[PDB]
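The model presented next includes zomepirac.
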Amino acid sequence: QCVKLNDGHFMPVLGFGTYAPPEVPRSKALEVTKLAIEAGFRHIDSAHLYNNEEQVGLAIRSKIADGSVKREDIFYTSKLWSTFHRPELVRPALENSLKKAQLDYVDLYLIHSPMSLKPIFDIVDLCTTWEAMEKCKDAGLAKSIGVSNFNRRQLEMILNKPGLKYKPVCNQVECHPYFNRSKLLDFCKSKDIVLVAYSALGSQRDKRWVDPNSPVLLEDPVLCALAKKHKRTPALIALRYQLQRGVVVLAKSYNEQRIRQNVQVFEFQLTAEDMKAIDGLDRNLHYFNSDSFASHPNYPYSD
Ligand SMILES: NC(=O)c1ccc[n+]([C@@H]2O[C@H](COP(=O)([O-])OP(=O)(O)OC[C@H]3O[C@@H](n4cnc5c(N)ncnc54)[C@H](OP(=O)(O)O)[C@@H]3O)[C@@H](O)[C@H]2O)c1
Ligand SMILES: Cc1cc(CC(=O)O)n(C)c1C(=O)c1ccc(Cl)cc1
């Protein structure tokens, strides 16, 4: 199903994650995006950064051309990268993403992160970046606009901007049973802003920014117990948890069997006791943890 966003558009509650590290051929994105749409995914998450918008857009166009879906059936997200925060760079970055994907509009365009980089850190008033995003919604380049990796103070900055025209529809953030963001989630619900969870299955544990000593979420013994109780899988428990707390959840997989498994999240539900057990795993663990950004002036986990 879908959640109604605060601008009246609708976002499917399960999303497909398209990021894969540079060792995976670019052409894999094309193949797995078509498999995702075949399995039932209708929300597809990409970004300028992922260097795959050509392949992702071609997958969506291929599934439109063969009659599987209409354009208005797909919710496609792209993201403005942090070297493009200066307001004059926002609409060109979005137009470039549209040309790569060969689409007329995105369903969602996000500020990918608040940590501005030189167009080496940069200092940019993100209120002015937001005004440029608003202009892209008014032009019809993006049906909806949102933010990603913002903390509550950063979100309030936008919500409190003089002459704000559109609130963010969402804040896409790292969110899973080790780092469940309840307080931020509550703040988002109080403003009718959707929290969208990434690394909901514990991240890809990329060696460039994730500590290999960190616990592997899908080997968690409480998730394994719940998967055995429901005869499902640790991944499906982790996804289902987000749906039941009102969080829209992404899931990346480049494996045909796991892509088809992940749509089963709609097939079962967890009890209040199961959900309390998963809530008991919260331990302030974000898998992103690198000197590369941890001392950025707008690092969101500084709090
Ligand atoms: N806004 C941002 O800054 C940001 C940051 C990070 C991620 N994201 C978005 O969120 C998406 C997902 O987050 P993520 O990349 O961190 O990965 P994720 O969804 O947490 O997935 C982690 C690993 O789970 C595996 N997996 C998937 N389904 C499974 C299943 N049913 N059973 C066992 N393992 C399974 C996948 O491996 P296999 O491929 O081998 O199946 C994947 O590499 C990204 O692709 C991107 O679209 C956004
Ligand atoms: C973690 C991560 C994973 C990816 C790839 C993706 O979007 O799939 N991105 C771009 C990041 C960030 O830039 C990021 C850096 C620091 C912080 Cl605090 C939050 C996000």
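The numbering of chain A matches the PDB entry: 6-124, 138-321, in order. Computed over heavy atoms, backbone and side chain alike; hydrogens, waters and symmetry mates excluded. Looks like X-ray crystallography, 1.9 Å, at least that's what the header says. One-based numbering, in listed order, for ligands and for the atoms of each.
Counting every copy, the structure places zomepirac at ligand 2. Per UniProt, the macromolecule in most contact with zomepirac is Aldo-keto reductase family 1 member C3.
The site surrounding zomepirac, defined by heavy atoms under 4.0 Å, contains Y24, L54, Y55, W86, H117, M120, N167, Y216, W227, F306, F311, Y317, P318, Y319. Distance from atom 13 (O) of zomepirac to its nearest protein heavy atom, with residue and atom name: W86 CH2, 3.8 Å. Protein heavy atom nearest atom 4 (C) of zomepirac, with residue, atom name and distance: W227 CZ2, 4.3 Å. Filtering the residues that UniProt lists as binding substrate in chain A by heavy-atom distance under 4.0 Å from zomepirac yields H117. Summary of contacts: the protein heavy atom closest to atom 18 (Cl) of zomepirac is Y319 CE1, 3.3 Å.
From the protein, the heavy atom lying nearest to atom 5 (C) of zomepirac is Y55 CE2, 4.0 Å. Per UniProt's NADP(+)-binding annotation of chain A, a non-hydrogen atom lies under 4.0 Å from zomepirac in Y24, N167, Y216.
When hydrogens are left out, the protein atom nearest atom 17 (C) of zomepirac is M120 CE, 3.6 Å; that is the closest non-hydrogen contact. Of the protein's heavy atoms, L54 CD2, 3.2 Å lies nearest to atom 10 (C) of zomepirac.
Ranking protein heavy atoms by distance to atom 12 (C) of zomepirac, first place goes to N167 ND2, 4.8 Å. Entry annotation: the source organism of chain A is Homo sapiens. Neighbours of zomepirac among the ligands and ions, at a cut-off of 4.0 Å: ligand 1 (NADP nicotinamide-adenine-dinucleotide phosphate).
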